[PDB]
Chemist: 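Opened a PDB file with ertapenem bound to Beta-lactamase OXA-48.
Chains are designated A, B, ... according to the position of each sequence line. So for chain A, numbering is the PDB entry's, and the shown residues are 23-265, in order. In order, the residues displayed for chain B correspond to 24-265 in the PDB entry numbering, which applies throughout. First listed ligand is number 1; within each ligand, the first listed atom is number 1. For the numbers below, each heavy atom of this structure counts, side chains included, while hydrogens, waters and symmetry mates do not. This entry, so its header tells us, was determined using X-ray crystallography, 2.2 Å.
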Amino acid sequence: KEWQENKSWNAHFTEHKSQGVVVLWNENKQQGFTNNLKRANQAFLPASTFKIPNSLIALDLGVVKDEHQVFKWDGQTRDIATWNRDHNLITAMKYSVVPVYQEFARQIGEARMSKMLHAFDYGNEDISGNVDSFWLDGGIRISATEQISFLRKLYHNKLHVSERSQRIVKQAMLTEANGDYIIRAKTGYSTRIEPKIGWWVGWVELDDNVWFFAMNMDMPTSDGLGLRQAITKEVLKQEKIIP
Amino acid sequence: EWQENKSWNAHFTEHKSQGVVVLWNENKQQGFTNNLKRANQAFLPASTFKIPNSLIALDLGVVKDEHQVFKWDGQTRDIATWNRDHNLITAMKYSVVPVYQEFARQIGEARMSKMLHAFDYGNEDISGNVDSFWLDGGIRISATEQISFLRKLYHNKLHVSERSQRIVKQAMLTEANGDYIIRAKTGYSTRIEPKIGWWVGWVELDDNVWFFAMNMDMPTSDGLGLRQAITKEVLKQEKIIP
Ligand SMILES: C[C@@H](O)[C@@H](C=O)[C@@H]1NC(C(=O)O)=C(S[C@@H]2CN[C@@H](C(=O)Nc3cccc(C(=O)O)c3)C2)[C@@H]1C
Ligand SMILES: [Ca+2]
Ligand SMILES: [Ca+2]
Ligand SMILES: [Ca+2]
Ligand SMILES: [Cl-]
Ligand SMILES: [Cl-]
Ligand SMILES: [Cl-]
């Protein structure tokens, strides 16, 4: 029923001297939960979490033929050392390799990008800036609860792209697996336009249920980046979702 | 070509056991093993047959997809995890035999045999009962024949739909972290001597995949964790995982 606040989760933010929101959705029970109902609906730039729809679109249109296709380094040295090599969809996702996804966006084109985001009902559906950086510094915006809504369609293969493309993106989202749970998720870090924030959105697969999640948090500097996952799983342990 | 590495035997004798580990570097097209004869010895697949059984069930529509629930038939059985409802993901993770015995009966002897010929799976022999031939019938498969089958699956080149193979590989997911992904399936063959345990699958890296297939003697069920334990120590020794 509706969305419950639960500001006790704030203690793991203040624990690590931080402020942000965490939003969970129980798929069996169709109930929501968050430490901050109003930050849950604040729309921000998606930054690198835009790689989920951008991969879906690129795959649906044939810009990416499969998760094995190699995407050649263009030769510019960039600060994140892992970007300066060849990549496929899996590794490009894993290392949030932006130049590979900018090339996808150029090849997709503004018209086909905008059409597809409307068909996804993705955030505010506005791609106002340049075609290869609007999700980093242009007009698009999405809330935490709007991330969940999108992810739920992807889990059920209900987005208007091919089932095969959704399966592949779901394979590429794989982050962690063990006897107790599977995590498919994607990080982000919006630096170009204030407020500097870091994202983590995905879902937990259990034997018998699925818990979707989406968090964001103030990220003045790059050294607090690990608290995106770390805090989220502290919430997850508290609600006994993961051991 | 195939290289023998007897130093791996330390991790078997560490644990009062004997068996074979087989590794295949996909980038370099070279395999390795601690025992070349055992590597090519054919045993019953036991529950590693759930990989092809799943593929045929999905390709023929016996299973719609990975979320379709399979009803507990009521009967209580030794392994507690079996006595509940399952989908494909959990039926594999817990090796729920009754669910797969049901798949096989609906697949039928004819289609099951045609598929195993098209998979070139082991000795391609399904003599015995429709619902148990992989436990106590005629089918046999070696560690190196498991590798060959799994490489086709990795590349989607088995004579079934791409969708089927993708789904089965999702269901094979076992472990994942920042360093590696293991997709794999266990087995434990007791109905016919020699009693043995299986672990077959592969390790995905950023830039390579290592296929593995191991089996070991398994006199009691208390050694079953050695399947993963011993494999992982070979992988550590070969610097495939940290
Ligand atoms: C024909 C079937 O009856 C037989 C087919 O090969 C079943 N398949 C399996 C199997 O595992 O393949 C089992 S054993 C049971 C389920 N899996 C074991 C396990 O995960 N054990 C486990 C898992 C993790 C750690 C440890 C340990 O000993 O430390 C042990 C416990 C069944 C008898
Ligand atoms: Ca805490
Ligand atoms: Ca050892
Ligand atoms: Ca043959
Ligand atoms: Cl990006
Ligand atoms: Cl089975
Ligand atoms: Cl997967």
Chemist: Where do all copies of ertapenem show up in the model?
Modeler: ligand 1
Chemist: Help me out: which other chains have heavy atoms closer than 4.0 Å to ertapenem (ligand 1)?
Modeler: B
Chemist: Students should be able to answer this: which protein heavy-atom is nearest to atom 7 (C) of ertapenem (ligand 1), and at what distance?
Modeler: B:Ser70 OG, 3.9 Å
Chemist: Go through ertapenem (ligand 1) atom by atom and flag the ones less than 4.0 Å from a non-hydrogen atom of B:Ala69.
Modeler: 6 (O)
Chemist: Backbone, side chain, both or neither: what part of B:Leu158 comes under 4.0 angstrom of ertapenem (ligand 1), heavy atoms only?
Modeler: side chain
Chemist: Which UniProt active-site residue of chain B is in closest heavy-atom proximity to ertapenem (ligand 1), and what distance, to 1 Å, separates them?
Modeler: B:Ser70, 3 Å
Chemist: Could you list the atoms of ertapenem (ligand 1) found under 4.0 angstrom from a heavy atom of B:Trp105?
Modeler: 3 (O)
Chemist: Using non-hydrogen atoms of the residue, decide whether B:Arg250 is closer than 4.0 angstrom to ertapenem (ligand 1).
Modeler: yes
Chemist: Report the nearest protein non-hydrogen atom to atom 15 (C) of ertapenem (ligand 1): residue, atom name, distance rounded to 0.1 Å.
Modeler: B:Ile102 CG1, 4.5 Å
Chemist: Applying a 4.0 Å heavy-atom criterion (strictly less than), which segment of B:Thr209 is in contact with ertapenem (ligand 1): side chain, backbone, both, or neither?
Modeler: both
Chemist: Is there a covalent bond from ertapenem (ligand 1) in this model? If yes, I'd love the residue and atom.
Modeler: none
Chemist: Among all protein non-hydrogen atoms, which one is nearest to atom 26 (C) of ertapenem (ligand 1), and what is the separation to 0.1 Å?
Modeler: B:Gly248 CA, 3.7 Å
Chemist: Any of the residues UniProt assigns to beta-lactam binding in chain B within less than 4.0 Å of ertapenem (ligand 1)? Only heavy atoms count, please.
Modeler: B:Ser70, B:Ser118, B:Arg250
Chemist: So, 4.0 Å and heavy atoms of B:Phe72: is ertapenem (ligand 1) close enough to count as a contact?
Modeler: no
Chemist: What part of B:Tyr123 sits under 4.0 Å from ertapenem (ligand 1) if we count only heavy atoms: the side chain, the backbone, both or neither?
Modeler: neither
Chemist: What is the residue list for the binding site of ertapenem (ligand 1), using non-hydrogen contacts under 4.0 Å?
Modeler: B:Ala69, B:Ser70, B:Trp105, B:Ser118, B:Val120, B:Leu158, B:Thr209, B:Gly210, B:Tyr211, B:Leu247, B:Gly248, B:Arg250
Chemist: Identify all N/O pairs between ertapenem (ligand 1) and the protein with a separation under 3.5 Å and present them as a table of atom names and distances.
Modeler:
from                 : atom 1 : to       : atom 2 : distance (Å)
ertapenem (ligand 1) : 6 (O)  : B:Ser70  : N      : 3.2
ertapenem (ligand 1) : 6 (O)  : B:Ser70  : OG     : 3.3
ertapenem (ligand 1) : 6 (O)  : B:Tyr211 : N      : 2.8
ertapenem (ligand 1) : 6 (O)  : B:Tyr211 : O      : 3.0
ertapenem (ligand 1) : 11 (O) : B:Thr209 : OG1    : 3.3
ertapenem (ligand 1) : 11 (O) : B:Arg250 : NH2    : 3.1
ertapenem (ligand 1) : 12 (O) : B:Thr209 : OG1    : 2.7
ertapenem (ligand 1) : 12 (O) : B:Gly210 : N      : 3.3
ertapenem (ligand 1) : 12 (O) : B:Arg250 : NH1    : 3.4
ertapenem (ligand 1) : 28 (O) : B:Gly248 : N      : 3.1

